[PDB]
Undergrad: 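Quick one: the structure is below, and I'll ask about it shortly.
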Amino acid sequence: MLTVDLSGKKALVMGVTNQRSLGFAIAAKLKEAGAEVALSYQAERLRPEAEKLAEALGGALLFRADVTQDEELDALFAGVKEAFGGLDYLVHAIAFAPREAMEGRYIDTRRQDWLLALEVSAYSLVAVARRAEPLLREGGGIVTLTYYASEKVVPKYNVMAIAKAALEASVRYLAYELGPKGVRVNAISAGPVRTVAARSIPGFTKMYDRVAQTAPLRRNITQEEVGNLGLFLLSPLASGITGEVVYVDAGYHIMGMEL
Amino acid sequence: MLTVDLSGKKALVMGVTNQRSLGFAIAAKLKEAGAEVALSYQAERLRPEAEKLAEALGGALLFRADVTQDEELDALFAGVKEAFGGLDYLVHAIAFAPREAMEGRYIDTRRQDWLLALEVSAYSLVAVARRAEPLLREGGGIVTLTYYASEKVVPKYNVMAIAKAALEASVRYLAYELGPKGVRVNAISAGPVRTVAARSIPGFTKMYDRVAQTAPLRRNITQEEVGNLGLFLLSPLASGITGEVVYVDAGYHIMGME
Amino acid sequence: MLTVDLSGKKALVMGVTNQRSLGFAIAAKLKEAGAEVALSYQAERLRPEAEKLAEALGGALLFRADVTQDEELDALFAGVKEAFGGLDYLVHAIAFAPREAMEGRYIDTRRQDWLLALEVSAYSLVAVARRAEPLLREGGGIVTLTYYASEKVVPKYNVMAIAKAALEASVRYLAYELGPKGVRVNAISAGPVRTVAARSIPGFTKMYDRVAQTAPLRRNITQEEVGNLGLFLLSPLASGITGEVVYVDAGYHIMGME
Amino acid sequence: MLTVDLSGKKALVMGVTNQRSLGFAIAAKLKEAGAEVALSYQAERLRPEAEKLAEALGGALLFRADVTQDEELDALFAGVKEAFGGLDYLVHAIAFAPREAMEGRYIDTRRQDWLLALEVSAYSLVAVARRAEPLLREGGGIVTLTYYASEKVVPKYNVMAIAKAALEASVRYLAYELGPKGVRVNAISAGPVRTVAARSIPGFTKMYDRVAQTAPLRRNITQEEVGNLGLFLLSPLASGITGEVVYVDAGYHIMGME
Ligand SMILES: NC(=O)c1ccc[n+]([C@@H]2O[C@H](COP(=O)([O-])OP(=O)(O)OC[C@H]3O[C@@H](n4cnc5c(N)ncnc54)[C@H](O)[C@@H]3O)[C@@H](O)[C@H]2O)c1
Ligand SMILES: NC(=O)c1ccc[n+]([C@@H]2O[C@H](COP(=O)([O-])OP(=O)(O)OC[C@H]3O[C@@H](n4cnc5c(N)ncnc54)[C@H](O)[C@@H]3O)[C@@H](O)[C@H]2O)c1
Ligand SMILES: NC(=O)c1ccc[n+]([C@@H]2O[C@H](COP(=O)([O-])OP(=O)(O)OC[C@H]3O[C@@H](n4cnc5c(N)ncnc54)[C@H](O)[C@@H]3O)[C@@H](O)[C@H]2O)c1
Ligand SMILES: NC(=O)c1ccc[n+]([C@@H]2O[C@H](COP(=O)([O-])OP(=O)(O)OC[C@H]3O[C@@H](n4cnc5c(N)ncnc54)[C@H](O)[C@@H]3O)[C@@H](O)[C@H]2O)c1
Ligand SMILES: Oc1cc(Cl)ccc1Oc1ccc(Cl)cc1Cl
Ligand SMILES: Oc1cc(Cl)ccc1Oc1ccc(Cl)cc1Cl
Ligand SMILES: Oc1cc(Cl)ccc1Oc1ccc(Cl)cc1Cl
Ligand SMILES: Oc1cc(Cl)ccc1Oc1ccc(Cl)cc1Cl
C-alpha cells in the first residue's frame, strides 16, 4: 500500500463557496491526507457557507479576502503567517466575469468588464503568489484551475477564455520564478463540473452533455477527480512536475470532430 | 507572374511610430499592393514622424488615438468611416507595459501596471475590432502581432507574455465571431526585430543573439519578412486562413536544446 | 500592385493524380507565378491522367516514382538534375495507408499496414528531402501537406493521424537541417478537400459537412486556397518562415466545441 | 493520511533492463502500492538482470518478448492471461533507434533504420495495446514514456523525436478507442534520467547537465519522480485523466529561451 501523509503541512485554499466548489474538493483531499487547511472566502455574505465547509473538513481556519482588494490580501497573508508560520500549499480556485460579458459576444465586452475578469481570474494568481512567496517552504506549491477554452473557442465562455490564457501563461512564469526556492506552480484544466459558477456560463448544460457524449471515457469528470489531481500535484509524489497544465477532462480536449 | 492587386481596398494600420515599426512594414506592403492606407498614432507628440511615414507611403490619412481612451477610438472610427465609407483591412500593431513591469520579476508586477499592460496590449484588439466590425467588408481582415513568450518562458518579457497569451486567445474568439460576415482574424508571431519598442525589452540583444545562434536559418528575421506575411494574410491569397497564429521567426520557436 | 515573379525558378511537385489533387493546385500556382514545374506520379496506371495535367501546365516534365522504391527516387532526382541543373521548390503531396487500416480501429492496425502507412506518408519526405538537398538552391524550399488529426483524434483517420504527427516532426527536423543552406521546410495543414484520396477516409462526406457548419467562415476551404498557401510558402514573400505547420482550414481547428 | 492500495491488481511492465530503467521505477511503485507485477525483458541476455529485478521487487513473474516479433508478443499475453487471468495496468517502456540513425542527421536516416525505430518505439504500443485489450479490466490503464523532442527539435535525438510524435498521437487514438471500456491511456514525458538507453543519445551528458542549469527547479528529475507519476496515472487517483502527455521534467520544456 502507498500512503500520502501530509501531516505537518499547511495549506491555504482560496475560492470556496459550497461543498461543490472545486477548491473545496482539493481542500478535502488535503485535509484527508493530513494537512492543516485554511479556507479563504470572498465576502462576509459567504461566512455561513465557509463555516459549514470548515465543519465538513472537521476543522479549518477561515479568512475573508476579495482578490481585488490589496488591503484584504495583505491581511489574509498576515493572518496565515501568524497562524501557520510557513505555508506549504496554495490552491487558487477563483474566477469571475460580469454576467453581461458572458451573455453577449466576446467582441462586445465592455472595457471595465474585460479588465475585471482578467483582474479577478488571472492577476489574482500573481497577487497571491507574491504574498505567498516568503511563506512558502521548499517542496511547496501553488495550483490553479483553468479550462480548455484558453486554447480553443468554446462559445459563450468569452472573456473567461482569455483570462484562462493569461492564467496559464502566468503559471509558466511563476513556475520559472519560484522554482529556485523549490516551489512548484501548476494548473489543473478541469472538464465541466456542476458547481455554483457553472450557472454563470450560458449553455453550460449543453457543454456538459456534449462532453459526456464525445469524451474518450464517455462521461463527465467528478469533483473528486479534480480533488485527487490537486492532491497529487501538491504532494511530494509530483516533486518533478512544475509549470504544467494537466487536464482532468475524461480526455475531452484531445478529441477532434466525432460522428 | 502572379499579381496581388489591392486597388480599391482600404486599410487602417494602428500603432506606427517610425519607419522601423512592424505596423509600418505591413502598411508599406499594402500601399505597394495598391491599397489606400490610413495610419493611427498614439499621441500628438508622435505626429511629426507620423507625417513623415504618411509621406513615405506617397500619401496616407492620419488619425490620433490612444487605445485606453474610448472616445478617441470612437472619434477614430468616425473619421475612418467619413474618409473611406468602410474598411477592408485593420492592422493592430500596439503594445505597452510599464518599464517597472518589464524590468522586475513577473511575480512582482503591480496590479495597475499589470492591468495597463493587458488593457493596451490585449483589450485594445477587442475595442478596435468592435468598432471596425460595422465598417469591415466581406473578404476583409484584422491582423495583430504577437510573440512566442505567450507559449514559453522568455525571461523578463514578463507581463507582455501574459498579454500576448490574451491577445492570441482574443484572435481565436474574434475569428469565430467575425467569420460569419466574411472577415478573418489572425496573429503574426514575429521574432525579434529592432524597433523603438525593442528598446523596452532589457534582454533584447541577448534574445537576438540566441535566435541567430539557434534558429534553423541561423539569422534573425527582417521587418520586410513581417510586412510580407501581413500582406499575405490580409490578401485574397489567404482567404481560407483564419484564427491562426503564424510564426515568422526563422524557425526559432520549433527548436529545443542545442 | 505587388508581383510574385518566379521566372527562372524550378519546381518538382510529387503526388499528382488528377485535377483535384492538392499537389496539382500548388503546381498550377507555381506555373502561374512563372516557375518551371516538373510533376511526379506514382504508377503506370496513373500516367494517362498525369499526362493531361502536364499538358494543362504548358507541357510539364513528367516522372514516374513510387516513394517505396529507392531506385525510382534515384532516377527521379537524376532526371531532375539533368533537366533543371538544380531545384528551387519541392512539393511533397503524397500519402497512403491500406484500406484495412483506415476502415478498422487504430488499435487493430496490422504491423505491415502501419509500417507502409508511415513509410509512404512520413518517411517519403525524408527520402525526397535527402535526394533534393544537393540540388536545392539558396532561397529554396520544401512544402508538405498534413491534417489536424496529428494533434486531435479524428475517428477513422486512424494510422494516417499518426503518420501526420511523424510528418510534422519530420518537417521541424528537416527545417533545422536544411536551414544553414537557406532552404526552408514547412507543412500546410489543409482542411477537408474533395480529392480522390478523400474516398479513402470512411465517413469523409460527414466530416466535410460538419466543417461547413462549425468553421468560423461557415464553409469548407477550396483546393485553390491550398494552392495559394503553397505558392506563398515557397515564394520569397515567406523567406522568414520555416519549420511551420500553417493551417488553411477556414478556422475549423480553433473551435473547441459544438 | 490517504492511501493507494492496489492489492488485487495485476501489472505487466515491458522494457526493463536495469534498476535504473524508468520501467523498473514504475514497477517498484506499483509493487509498493500492492500490485502484483510481471516484467518482460527483451532478450535472453537480459534474463540475469531481469531475475535480479524480480528479486528486488520481492518477487515478479518474468517473460521474454521482442516487440518486433508477433509470436513472442502473443505468447507474452497468453502467459500473462494464464498467470493473472486479467490485467489492470500495462507499462510500455520500450524504445529503440539504430546507432547510425542517432549519430548523424535526421535527413540521412536510412529507410530500414527509420522503419525499425518507428516499429519498436511507436508501433509496439499498438501491438501491446491490442493484445492487452481483452485482458484489461474496467479502471485499467496503459502508460508509456515519451520525450519533448516530439514537439521541439533536439539535435541528435533525430528519428526518436519522430517516433515519439507517433507514439503520443497513438496515445490519443488508443485513449479514444479504449475509453468506452473504462481503460485509460497516457504518456509520461520524462526529462533526462541516466539510464542504459540515455547513453545511446549522442551528447546526453551535456543535455543532462544543461537541464540542471536552466530548468525552473534547477535540477534534473529523478527515476523516482517518473515512478510516482506512473503510479499516479495508473491508480484510481487519476480516474478522470486519459489521452494526456504529462511532463515530469522539473519544468524544463516550458522554457522558451536562455
Ligand atoms: N466548475 C467547472 O466545470 C470548472 C472547469 C474548469 C475550471 N474551473 C475553475 O475552477 C475554479 C473554481 O470554480 P468552481 O467551478 O469551483 O466554482 P465556485 O463558484 O465554487 O468557485 C469560484 C470561487 O471564486 C470566488 N471568487 C470570485 N470572485 C472573487 C473575488 N473577487 N475575490 C475572491 N474570490 C472570488 C467565489 O467566491 C467562488 O468561491 C475557477 O477558477 C474556475 O474557472 C471550473
Ligand atoms: N519588434 C519586435 O521584435 C516584436 C516582436 C514580436 C511582436 N511585436 C509586436 O509588434 C507590435 C508592434 O511593435 P513594434 O515592435 O513595431 O514597436 P513600435 O514601437 O514601432 O510599435 C508599437 C506601437 O504601439 C503604440 N502604442 C503603445 N501604447 C499605445 C496606446 N496607449 N495607444 C495607442 N498606441 C499605443 C506605440 O505608439 C507604437 O507606435 C507590438 O504588438 C509588439 O508587441 C514586436
Ligand atoms: N484532400 C484533403 O482534404 C487533405 C487534407 C489534408 C491533407 N491532405 C494531404 O494532401 C496530400 C495530397 O493528397 P490529395 O488529397 O491531393 O489526394 P491525391 O489522391 O490527389 O494525392 C495523393 C497522392 O499520393 C500519391 N501516392 C500514394 N502512394 C504513393 C507512393 N507509394 N509513391 C508515390 N506516390 C504515392 C498518389 O498517387 C496521389 O497522387 C496528402 O499527403 C494528404 O494526406 C489532404
Ligand atoms: N531515460 C530518459 O532520460 C528518458 C526520457 C524520456 C523518455 N524516455 C523513455 O523511457 C522509456 C524507457 O527507457 P529508459 O530510459 O528507462 O532506458 P532502458 O534502457 O532502461 O529501457 C529501454 C528498454 O527498451 C527495451 N527495448 C529496446 N528494443 C526492444 C525490442 N525490440 N523489444 C523489446 N524491448 C526493447 C530495452 O530492452 C530496454 O529495457 C523509453 O521509451 C525511452 O524512450 C527515457
Ligand atoms: O471556468 C469555468 C469553466 C466551467 Cl466549464 C465551469 C465553471 C467555470 O468557472 C467559472 C465560469 C464563469 C464564471 Cl463568471 C466564474 C467561474 Cl468560477
Ligand atoms: O512584443 C515585442 C517583442 C519583442 Cl522581441 C520586441 C518588442 C516588442 O514589442 C514591445 C515590447 C515591450 C513593450 Cl513595453 C512594447 C512593445 Cl510594442
Ligand atoms: O490526409 C488526408 C486528409 C483528408 Cl481530410 C482527406 C484526404 C487525405 O489524404 C489521404 C487520406 C487517406 C489516404 Cl489512404 C490517402 C490520402 Cl492522400
Ligand atoms: O527517449 C529517451 C530520451 C532520453 Cl532524454 C534518454 C533516453 C531515452 O531513451 C532512449 C533513447 C535512445 C534509444 Cl536508441 C533508446 C531509448 Cl529507450
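Chain identifiers are assigned alphabetically (A, B, ...) following the order of the sequence lines, protein sequences preceding nucleic acid strands; residue numbering begins at 1 within each chain. Order of listing sets the numbers, starting from 1, for every ligand and every atom in it.
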Undergrad: What's the drug at ligand 8 called?
TA: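 It is the drug triclosan.
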Undergrad: Looking at this structure, what macromolecule is in contact with triclosan (ligand 8) the most, according to the PDB entry?
TA: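 It is bound most extensively to enoyl-[acyl carrier protein] reductase.
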Undergrad: Can you tell me which other chains reach within 4.0 Å of triclosan (ligand 8)? Heavy atoms only, strictly under.
TA: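 By heavy-atom distance, the answer is D.
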Undergrad: Taking N or O atoms only and a 3.5 Å limit, does D:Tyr157 qualify as a polar contact for triclosan (ligand 8)?
TA: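 Yes: some nitrogen or oxygen of D:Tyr157 is under 3.5 Å from one in triclosan (ligand 8).
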Undergrad: To the nearest 0.1 Å, how far is atom 6 (C) of triclosan (ligand 8) from its closest protein heavy atom, and which atom is that?
TA: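 Minimum-distance protein heavy atom for atom 6 (C) of triclosan (ligand 8) reads D:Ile201 CD1, 3.3 Å.
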Undergrad: Run the contact test for D:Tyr208 against triclosan (ligand 8) with a 4.0 Å cut-off on heavy atoms, strictly below, and give the result.
TA: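 Contact absent.
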Undergrad: Of the protein's non-hydrogen atoms, which lies at the shortest distance from atom 15 (C) of triclosan (ligand 8), and what is that distance?
TA: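 Of every protein heavy atom, D:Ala95 O, 3.5 Å lies nearest to atom 15 (C) of triclosan (ligand 8).
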Undergrad: Can you tell me which portion of D:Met160 lies within the under-4.0 Å heavy-atom range of triclosan (ligand 8)? Options are side chain, backbone, both, or neither.
TA: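 Side chain only.
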Undergrad: Considering only heavy atoms, does D:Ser200 approach triclosan (ligand 8) within less than 4.0 Å through its side chain, its backbone, both, or neither?
TA: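 The part of D:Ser200 near triclosan (ligand 8) is the side chain, not the backbone.
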Undergrad: Under 4.0 Å from any heavy atom of D:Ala97, which atoms of triclosan (ligand 8) are there?
TA: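 In order of number, 14 (Cl).
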Undergrad: At under 4.0 Å between heavy atoms, is it the side chain or the backbone of D:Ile94 that contacts triclosan (ligand 8), or both, or neither?
TA: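 D:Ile94 to triclosan (ligand 8): no contact under 4.0 Å from either part.
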Undergrad: For atom 10 (C) of triclosan (ligand 8), which protein heavy atom lies nearest, and how many Å away is it?
TA: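 Answer for atom 10 (C) of triclosan (ligand 8): D:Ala197 CB, 3.6 Å.
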Undergrad: What is the residue-level binding site of triclosan (ligand 8) with heavy atoms closer than 4.0 Å?
TA: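 Counting heavy atoms, it is made of D:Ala95, D:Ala97, D:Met102, D:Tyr147, D:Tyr157, D:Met160, D:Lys164, D:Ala197, D:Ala198, D:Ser200, D:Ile201, D:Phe204.
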